[PDB]
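Below is Transcriptional regulator TcaR with methicillin bound.
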Amino acid sequence: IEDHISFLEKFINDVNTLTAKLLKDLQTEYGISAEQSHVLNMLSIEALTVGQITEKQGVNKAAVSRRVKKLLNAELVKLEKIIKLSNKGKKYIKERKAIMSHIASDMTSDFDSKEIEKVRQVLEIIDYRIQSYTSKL
Amino acid sequence: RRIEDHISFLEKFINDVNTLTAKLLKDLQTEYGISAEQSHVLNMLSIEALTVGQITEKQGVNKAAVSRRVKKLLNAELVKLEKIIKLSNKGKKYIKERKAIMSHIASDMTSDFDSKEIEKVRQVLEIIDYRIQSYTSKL
Ligand SMILES: COc1cccc(OC)c1C(=O)N[C@@H]1C(=O)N2[C@@H]1SC(C)(C)[C@@H]2C(=O)O
Ligand SMILES: COc1cccc(OC)c1C(=O)N[C@@H]1C(=O)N2[C@@H]1SC(C)(C)[C@@H]2C(=O)O
């Protein structure tokens with residue numbers, strides 16, 4: 001009712017903590033920070049402007065500016081305006097999938113693939129609506 | 001390869017949840033004169049009390065990039081040290097207003113679902129959260 005909201009928050013806080021730790025080394029091997037990493041996973045999904053990234057995150061523009069220019073200098077991202085993933089950046093996102101997929105299956109090897117289907121359909125509709133309300137405001 | 005698709009969506013889904021909250025709490029954060037990251041701190045202290053390390057490694061961010069956020073809130077009088085770190089009154093009102101916003105939207109975004117549907121959804125996310133936590137413990 002309202003603790004679904006709390007749960008959701010606690011669930012998201014947990015996933016972030018698991019991801020930070022599991023991707024700890026990779027990020028070090030790349031010289032990329034956690035701050036930057038999220039931008040890379042965020043761009044895996046879309047080609048965004050530093051503003052788009054800044055609003056889709058609520059943090060200080062300067063901070064997003066600093067991290068994007070670091071990703072360019074690292075050739076982990078590139079230009080059109082558009083800030084999209086470069087191929088070296090893409091391999092990180094693939095080295096990231098591989099590690100996520102490995103632990104994810106571990107924890108879901110016993111689920112009913114169909115139970116999950118209905119659960120996913122519910123989330124796609126909520127997601128669909130989340131994107132809808134979000135446009136500006 | 002089947003899980004990869006679910007993982008992508010989960011990441012997208014969480015991606016949007018974060019995005020939405022950011023747009024939805026901006027004006028309230030501005031009203032209280034705080035940054036979003038400063039809000040997370042208050043939010044993380046709404047569920048239970050914490051110290052610096054606890055938080056600094058909870059979402060593993062920089063060294064002196066947690067400390068600064070911490071003392072700022074003491075000065076804003078939204079948090080209290082009674083290291084130790086817990087929420088204050090003006091901070092409790094913040095979370096109040098915050099939850100009110102998150103509950104209207106989430107409700108009216110869920111209200112047409114069959115409670116049984118929502119409950120099933122949560123039961124699945126609860127078991128994943130459960131398995132996540134235990135994994136974290138093993139590092
Ligand atoms: C637009 O952002 C900036 C503007 C002006 C000066 C800046 O630092 C000199 C930066 C910046 O991003 N500094 C980053 C920081 O912190 N850094 C990096 S560079 C570093 C000093 C080697 C150290 C690290 O990465 O190890
Ligand atoms: C999980 O949020 C993040 C995830 C990953 C990196 C992040 O940047 C450090 C943040 C973040 O700072 N988020 C902002 C913050 O703090 N937040 C907002 S969204 C919120 C979590 C509901 C809470 C609030 O405003 O109530």
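Letters A, B, ... are given to chains in the order of the sequence lines, protein chains preceding strands, and every chain is numbered from 1. Because only heavy atoms are used, hydrogens play no part in the values below, and waters and symmetry mates are left out as well, while side chains stay in. This entry, so its header tells us, was determined using X-ray crystallography, 2.8 Å. Whatever order the structure lists them in is the order used to number ligands and atoms, beginning at 1.
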Exercise for review: Tell me the other chains with a heavy atom below 4.0 Å from any atom of methicillin (ligand 2).
Suggested key: A, B
Review point. Which residues in other chains are near methicillin (ligand 2), meaning a non-hydrogen atom under 4.0 Å away?
Key: A:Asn16, B:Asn18, B:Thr21, B:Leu25, B:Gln29, B:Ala36, B:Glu37, B:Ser39, B:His40, B:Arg98
